[PDB]
Participant: 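Below is a structure I'd like to ask you about.
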Protein chains: 2
Amino acid sequence: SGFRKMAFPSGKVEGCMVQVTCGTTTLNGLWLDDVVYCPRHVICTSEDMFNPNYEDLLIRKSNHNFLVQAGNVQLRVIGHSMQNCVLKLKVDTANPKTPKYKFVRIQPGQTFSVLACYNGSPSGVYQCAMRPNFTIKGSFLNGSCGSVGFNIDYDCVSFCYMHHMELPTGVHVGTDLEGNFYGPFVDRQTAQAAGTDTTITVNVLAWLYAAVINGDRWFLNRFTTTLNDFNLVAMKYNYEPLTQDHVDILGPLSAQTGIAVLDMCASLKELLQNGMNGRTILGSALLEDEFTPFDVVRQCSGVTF
Amino acid sequence: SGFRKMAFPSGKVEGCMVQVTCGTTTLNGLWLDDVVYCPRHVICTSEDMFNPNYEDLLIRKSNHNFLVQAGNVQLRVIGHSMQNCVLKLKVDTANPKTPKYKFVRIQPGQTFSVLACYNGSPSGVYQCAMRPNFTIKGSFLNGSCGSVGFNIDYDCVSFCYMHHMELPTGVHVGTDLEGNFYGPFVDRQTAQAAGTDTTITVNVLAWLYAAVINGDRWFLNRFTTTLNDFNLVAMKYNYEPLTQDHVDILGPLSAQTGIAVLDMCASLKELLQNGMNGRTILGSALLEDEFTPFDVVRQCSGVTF
Ligand SMILES: *C(=N)[C@H](C[C@@H]1CCNC1=O)NC(=O)[C@@H]1[C@@H]2[C@H](CN1C(=O)[C@@H](NC(=O)C(F)(F)F)C(C)(C)C)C2(C)C
Ligand SMILES: *C(=N)[C@H](C[C@@H]1CCNC1=O)NC(=O)[C@@H]1[C@@H]2[C@H](CN1C(=O)[C@@H](NC(=O)C(F)(F)F)C(C)(C)C)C2(C)C
């Protein structure tokens, strides 16, 4: 028992982090087989970053302009290219610690772990959600770019995020590992704002099931609701609509606890309309929306990697 | 910017986890150089655990009764002994992934990361505090015993916790790596309860400094207070007394932000007496007490390992 925000073990990703320096700009890179992936703005000077022409900046660079360090070892760059907002540096050494991996593009509402790095070295690991407005609520400082987000499935690391920028509101934006941004953002230092965020309803419901599994049951009420009537209420409180697909992914938790999904929706509806009256759920006074249904099942059943 | 509950990168500890099986009981072990450390109740059957005589149970065991698996490799046990509540199994192979390490005993209020494991394999990592009542608010299931807690300082892993039991209230208790329990607990399945917990005042203050650093400043008031007058108020709200030692460890944050420690205490005192009026600090509606001053400085300055 107990329920914690839990990150994936980071070791498989730690063995892939390197430092990439171009000129005086140093950022983090991801070394998989004989390729280093990193954010393209490693080739920018401070003055270049307001309206960079990355293609032009890259034309002026040769392989040897990129200093790649893996621990105390310099990796020799033997090729380079740009794919959207990522640079790919081919090196003459394959990473012996490369895990089984794939590159995925995740959807809003899905969670992942971030290994925050500086100078190619890990600082810490935490769990995040891709928000419905395509931001993440991270913790990143200057030099963190190239830090990656990932999930693990048994032995396979699915990389889904590479960090690029911070928005004025303290939230973070980045790309998939093919260098395509999540959301309507561009890697230049110009005025950019995220759209209004919304609460990830299916994840709140998952967390209420986690609460039931841990014996925190006070919020269960005696009612049911229709999916339509629930969604009318959720809409007013800036909750995402609950779809049948969401209902289906809640199926395992619903079967395990014997609480129908639409019955949990009735209990959530009451929490939204009436509040919590100074009570907590799993120790929180606010409803939590950064656990997916899969996260809850994994944590409550002890799934390992 | 941004502030998250952050765990240490777990890879150094992942490379030390193994599975230990004795009879039909399987738990996790920590393999450092040529020694595996694990909880002694691996030698218990289900019936033994209500009033085990561990010395007697261990007399009947030979080296070969302990099956140690590191991945797909069986490690040959060549010696065994018991030190308080930990077994030490000498193996004929040194762990090639052993990090630089030490065993420490931490104090209440200090934080650490937990790598939760089952069958010798990692499930996830999260950050915890040793509570003032010597419990931790973890997430652990049957089979998690032998999972460890740790801090990292540059290249050195300080192991401070090994998991043994869950109390009826959903909280967790365990030992240091010399097998001595934190708190007045014993490893037998009998009625045991933790004392009343208390809020870790110096950590709340650290987190309010984190909030200021991130621009969440609304709670700063115009007043100061004496240490004595603060502690009278804290006492009523079940906050630990703030000592001069605590004031001193808050020094770096105080110097960085230019807010005197006793001035932050005046602001905390107002929050305790008046509440938060539906406002949040760093997104939380409750005051957070599981960041130490060192955690805040590390996260806000980008310290790496
Ligand atoms: C790379 N390490 C940093 C990481 C940022 C810095 C503070 N926290 C982070 O996560 N990335 C940048 O500095 C990028 C980089 C130039 C400007 N920039 C920004 O993050 C800026 N943001 C924006 O311009 C905005 F709002 F549009 F997103 C900054 C104002 C410095 C936070 C490039 C090329 C975009
Ligand atoms: C080892 N893997 C488990 C971990 C527990 C099980 C559920 N969550 C956990 O963290 N350890 C145990 O099962 C230990 C083990 C026998 C009994 N036990 C307990 O944790 C029990 N608790 C207590 O007896 C209490 F309250 F005294 F702490 C249990 C009731 C099963 C949770 C031994 C030898 C103590």
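Simply put, chain letters go A, B, ... down the sequence lines. What you see of chain A is 1-304, 307, where the numbers are those given in the PDB entry. Quick note: numbers on chain B are straight from the PDB entry, i.e. 1-304, 307, in order. One-based numbering, in listed order, for ligands and for the atoms of each. Every heavy atom of this structure was used, including side-chain atoms; hydrogens, water molecules and symmetry mates were not.
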Participant: Help me out - what's the drug at ligand 2 named?
Facilitator: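 The name is nirmatrelvir (bound form).
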Participant: Could you tell me the main partner of nirmatrelvir (bound form, ligand 2) here, using whatever name the PDB entry has for it?
Facilitator: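 Main binding partner here: 3C-like proteinase nsp5.
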Participant: Name every other chain with any non-hydrogen atom less than 4.0 Å from nirmatrelvir (bound form, ligand 2).
Facilitator: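 By heavy-atom distance, the answer is B.
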Participant: I'm curious, any covalent attachment for nirmatrelvir (bound form, ligand 2) in this structure? Which residue and atom?
Facilitator: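 The model shows a covalent bond at B:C145 SG.
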Participant: Using a strict 4.0 Å cut-off to heavy atoms of B:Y54, name the atoms of nirmatrelvir (bound form, ligand 2) that fall inside it.
Facilitator: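 Atoms satisfying the 4.0 Å criterion: 34 (C).
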Participant: Test of understanding: given a 4.0 Å heavy-atom threshold, classify the contact between B:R188 and nirmatrelvir (bound form, ligand 2) as side chain, backbone, both, or neither.
Facilitator: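 Backbone only.
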Participant: Please work out which of B:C145, A:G302, B:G138 has its closest non-hydrogen atom nearest to atom 4 (C) of nirmatrelvir (bound form, ligand 2).
Facilitator: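 Going through B:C145, A:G302, B:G138 one by one, B:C145 has the nearest heavy atom to atom 4 (C) of nirmatrelvir (bound form, ligand 2).
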Participant: Quick one: which UniProt active-site residue in chain B is closest to nirmatrelvir (bound form, ligand 2), and how far is it by heavy atoms, to 1 Å?
Facilitator: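 Nearest UniProt active-site residue by heavy atoms: B:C145, 2 Å.
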Participant: Within nirmatrelvir (bound form, ligand 2), which atoms have a heavy atom of B:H41 less than 4.0 Å away?
Facilitator: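 Under 4.0 Å from B:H41, nirmatrelvir (bound form, ligand 2) has these atoms: 1 (C), 15 (C), 34 (C).
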Participant: Give the atom numbers and elements of nirmatrelvir (bound form, ligand 2) that come within less than 4.0 Å of a heavy atom of B:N142.
Facilitator: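 Those qualifying, in numeric order: 6 (C), 7 (C).
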Participant: Would you say B:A191 has any N or O atom under 3.5 Å from an N or O of nirmatrelvir (bound form, ligand 2), going by distance alone?
Facilitator: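 Between B:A191 and nirmatrelvir (bound form, ligand 2) (N or O atoms, distance only) the closest approach is not under 3.5 Å.
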Participant: Quick sanity check for my notes: UniProt domain of chain B with most contacts to nirmatrelvir (bound form, ligand 2)?
Facilitator: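 It's the UniProt domain Peptidase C30.
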Participant: Show which atoms of nirmatrelvir (bound form, ligand 2) fall inside a sub-4.0 Å distance from at least one heavy-atom site of B:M165.
Facilitator: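 Contacts of nirmatrelvir (bound form, ligand 2) toward B:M165, numbered from 1: 20 (O), 28 (F), 35 (C).
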Participant: Check nirmatrelvir (bound form, ligand 2) against B:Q192 and write out every atom of the ligand that is under 4.0 Å from a heavy-atom position of the residue.
Facilitator: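 Reading through nirmatrelvir (bound form, ligand 2) atom by atom, the close ones are 27 (F).
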Participant: Output the list of atoms in nirmatrelvir (bound form, ligand 2) that are nearer than 4.0 Å to some heavy atom of B:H163, sorted by atom number.
Facilitator: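 Contacts of nirmatrelvir (bound form, ligand 2) toward B:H163, numbered from 1: 9 (C), 10 (O).
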Participant: Which other ligands or ions in this structure are less than 4.0 Å from nirmatrelvir (bound form, ligand 2)?
Facilitator: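 Other ligands and ions within range: none.
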Participant: With a cut-off of 4.0 Å on heavy-atom distances, which residues and nucleotides contact nirmatrelvir (bound form, ligand 2)?
Facilitator: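 The heavy-atom site around nirmatrelvir (bound form, ligand 2) is B:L27, B:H41, B:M49, B:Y54, B:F140, B:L141, B:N142, B:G143, B:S144, B:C145, B:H163, B:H164, B:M165, B:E166, B:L167, B:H172, B:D187, B:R188, B:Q189, B:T190, B:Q192.
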